[PDB]
Amino acid sequence: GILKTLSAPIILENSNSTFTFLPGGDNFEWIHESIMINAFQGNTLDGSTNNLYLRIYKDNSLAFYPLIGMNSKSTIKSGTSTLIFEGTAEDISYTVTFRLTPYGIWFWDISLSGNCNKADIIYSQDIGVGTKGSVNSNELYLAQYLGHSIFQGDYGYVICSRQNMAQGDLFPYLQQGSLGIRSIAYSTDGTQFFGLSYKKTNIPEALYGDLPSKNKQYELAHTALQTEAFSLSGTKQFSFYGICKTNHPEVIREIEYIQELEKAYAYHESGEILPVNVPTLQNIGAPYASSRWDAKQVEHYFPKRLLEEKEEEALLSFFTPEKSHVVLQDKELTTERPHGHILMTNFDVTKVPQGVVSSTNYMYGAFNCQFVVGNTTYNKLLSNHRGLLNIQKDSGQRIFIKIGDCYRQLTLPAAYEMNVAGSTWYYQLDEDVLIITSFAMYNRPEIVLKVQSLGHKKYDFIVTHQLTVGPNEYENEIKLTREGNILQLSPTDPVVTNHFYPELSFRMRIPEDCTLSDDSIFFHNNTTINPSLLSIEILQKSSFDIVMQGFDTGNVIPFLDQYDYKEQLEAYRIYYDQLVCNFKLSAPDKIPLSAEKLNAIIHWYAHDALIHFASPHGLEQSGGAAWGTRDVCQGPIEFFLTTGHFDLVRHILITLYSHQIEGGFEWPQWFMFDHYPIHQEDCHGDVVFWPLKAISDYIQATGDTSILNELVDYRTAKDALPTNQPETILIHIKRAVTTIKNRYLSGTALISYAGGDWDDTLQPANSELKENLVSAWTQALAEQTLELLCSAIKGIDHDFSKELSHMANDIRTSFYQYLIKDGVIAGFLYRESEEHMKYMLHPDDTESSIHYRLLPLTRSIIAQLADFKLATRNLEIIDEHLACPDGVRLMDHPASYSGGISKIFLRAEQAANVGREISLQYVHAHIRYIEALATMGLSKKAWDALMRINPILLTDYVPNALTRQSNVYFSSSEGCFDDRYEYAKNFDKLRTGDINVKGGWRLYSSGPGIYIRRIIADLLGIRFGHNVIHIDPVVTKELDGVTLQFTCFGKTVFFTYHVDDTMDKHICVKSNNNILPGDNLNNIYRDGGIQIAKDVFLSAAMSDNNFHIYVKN
Ligand SMILES: OC[C@H]1O[C@@H](O[C@@H]2[C@@H](O)[C@H](O)[C@@H](CO)O[C@@H]2O)[C@H](O)[C@@H](O)[C@@H]1O
Ligand SMILES: OC[C@H]1CNC[C@@H](O)[C@@H]1O
């Protein structure tokens, strides 16, 4: 069987515009010249996110009715550019006329007939305002750059929106308002309209009240307008309108296009407008959310609880001794981002993995989205999760359960339990509990769904699956075959449609007695709308399973007889223990809370880091697949070096060097690491340093200078294909170093900024800024990297090593000579020539509102480039200008924002949303601050900083932090500022904790891996070198008497810490009371740690594996 693709059957056209709808009149794709206007495509079971609601007020009730889409009771007629919806709501008769005019302008003309005392209308419209590709790739991201301006016109509120992030070359625009009726209130974000409560109730919260009339610049661009209320006795008529422009290079200052709007309003099509068939749902009800569990029920299902989070004495979340994290219903209804989880199969940890199976799931009944095998974008069976509030709830795998006469889609459970192997949902039903589990198999490319009635009661179910079989829903036809209870799914025309994985297939094992269809079973007349919705009806069962297999290379394996969760959980526990070298903190007395948070989080961060490495995607950032060049060089390499996964790092490095670009001899920004030849050949200015630093770190850790002699190819810039001109890794390095030498500004060793540094929002706004800026952060990184390379290469190429030392020293000299003034490292220097220089992000830049930058302060310290005086000053500057309760900030003031046009920096001046790097607390940079503090031996500050970004019981540690998912990494911390203007004005509230702060994007980040390295290597102080162990703790007094279990060179040992201010030496290490000999480490800021030979360490370990570490702060 060939599954066809969904095509929207209602197609409205007019000059430069194609607006399509599903048969219920739900929005599908609204396109004006290449610009997609809506944010979300409707689906055949939920409809679309937009609507028009009639509300009727009575003395004892408020009622609300959708007028459009499949949830209205509307009949529909269509012409070539017009739709007419007709129906009744109570005893009001209505018509809604949709018009698509030639002017990139549309209208919803409403007509109401009847008799009632008080009514109003709410207009509701999700908005994208980007190319179709940008919208599809990430709606949240696109929304962040969509800047809303609010005005009063003739008929109250009008909302004008400019997309600040370039779409092709264009800055597109929307305007929305009302005509013939006043819009008395407005909102601009989906969180305002639907509310968090929607995730349980399935009712938009705003429908019960008044819109707030505030512009919230967040991730769910969603315009709502509320009319003045009116009585009806007779007929009343009025319209809403929209305007789309593909390019509006200026900032928005006023209502525009008034004359065009008037011309468009006179527009009517000449053609006939004829009835069309509207399909209707059959015995399908509203969604089903579980009732909440009370304290007694929680206690019964979860008797053993740790790290309990409570708010007003109600339990929100907790951890278990089995290493699970459990989230109770009330917590999800208070987190702006939805609780979720990524499952990933195990792989051989000595090699770069391939064909790794992954799946995403979310608390609110998204049981399996984005099931993939290998490439997370292309090698996909199930559609991605989108949005935040589950308005569109048809993606991936979903479950309907028959309650009374009606199938009801499961949404919000009573509890949601995550472990590294699986997720479990607990739904309270009438006198029963339904348990759903989606879990990864060990050693097999499988995810398994199990459904179990606890009371062994029988139910009817429909399990739906929005198929892709490729990167996107609705894009390609699918080949589906069935042999008994085994389905096989694969792309049609696999060689051609997939040159690179021509054998890509999937299989599903389905229950014995089930029937198979598309969405036809949902509809009264059995009409198929979406043929790629794979529906499985399972009648009168108390349990069932669906087993899902992925094969990137067609190595099909038979299904097991029994699929047991517990066995997988046990195998994954061991794999994750080994991955972190059996890390475990203990004490004989009460373990300190900080240590208890580290034991709980270490395995969660290891999982996040391993995903970031092997299966590169996140929760919000679903579109990844590739390795970022600077990304793989940080989180994964630092994680793997810390835990002794050296063979893996070697293989990563070989793969990485194979992706260096022929000719330019830099790296791409990102590249696929599988068989897909895709990369981004244009790079930022810092990227080149990262593979150089990483190979040098690898060489220092292992002594494996052999890597330098490996013969390794390059890739071509344009088509990302192998060049078949291999050279030694040493020569790869020499070529990359030449690109660095050629960046010196003339007369100096100042490294030109080029395409930007670490901060992707700080790309230069023009070519003069690109050529003439110098990033002090980049300068410091260069110095550091070239010094590290010098050492790594010293034994192999004496001469190149001397040239590397000269470079590093000249860079060092220029750093001190040009980038420091009055003891303050400037964030940037602008140097057109010796005669025309200007500091930026420095106190001398008195024109600017920004006078301090974090990044150079931390990197200069990490590298031991900053002398003690400068390091000490750096820390005072942080304390006085950058330090907040939620961590250290990237600058002392926000980047400029003046309506979206860039002057100096690109995305930093374009983002309308206070979030991501624009939040100024980008957690990765805070982690480098921790690293800097550790380098300086400042244990109190370091451990305090470690805790400020630890999501476990975060609200207890940082009182102004809003709670968020406690078992996942959060990438940023942003003040609750609705727009950039308020953010600038009341910025200082961040320093003093007088504004709440909330978490950013989850999971996908270098953070988890570099956090793990801070914990183990820098703070606990256990680091590895060539046949040596380095012991160099930076611990507080509360770690006195605490022990770390850690596997060293394959031997489990126990490091017990003693903090002793009265010692003579800085450090002493003892086993069986014998002092271990070794040499002192080099550190310009404090007394160094100790280097102990591996044979010596291991010999002591054989007699007594309890090492006692005496350290003086
Ligand atoms: O997706 C928005 C996000 O993109 C960030 O950049 C990407 C990076 O995180 C990822 O590792 C690679 C490979 O998939 O693609 C991109 O370079 C960017 O740094 C952020 O500013 C944006 O928020
Ligand atoms: O701009 C800060 C960071 C954002 N995510 C990708 C990283 O490579 C980058 O440094």
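Note that chain A carries the PDB entry numbering, so the residues on display, from first to last, are 1-1113. Note that ligands are numbered from 1 as they come in the structure, with each ligand's atoms numbered from 1 the same way. Computed over heavy atoms, backbone and side chain alike; hydrogens, waters and symmetry mates excluded.
- In the deposited model, the macromolecule with the most close contacts to ligand 2 is named by the PDB entry as Uncharacterized protein.
- Selecting from afegostat, aminosalicylic acid, clonidine, girodazole, the compound at ligand 2 turns out to be afegostat.
- Among all non-hydrogen protein atoms, the one lying nearest atom 5 (N) of afegostat (ligand 2) is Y922 OH, 3.7 Å.
- The distance from afegostat (ligand 2) to the heavy atoms of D759 drops below 4.0 Å at these ligand atoms: 1 (O).
- Among all protein heavy atoms, the one lying closest to atom 6 (C) of afegostat (ligand 2) is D631 OD1, 3.7 Å.
- Looking at afegostat (ligand 2), you won't find any N or O of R916 less than 3.5 Å from one of its N or O atoms.
- Between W758 and afegostat (ligand 2), at least one N/O pair is under 3.5 Å apart.
- Atom 4 (C) of afegostat (ligand 2) has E917 OE2, 3.3 Å as its closest protein atom, hydrogens excluded (heavy atom only).
- Applying a heavy-atom cut-off of 4.0 Å to afegostat (ligand 2) picks out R630, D631, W758, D759, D760, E917, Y922.
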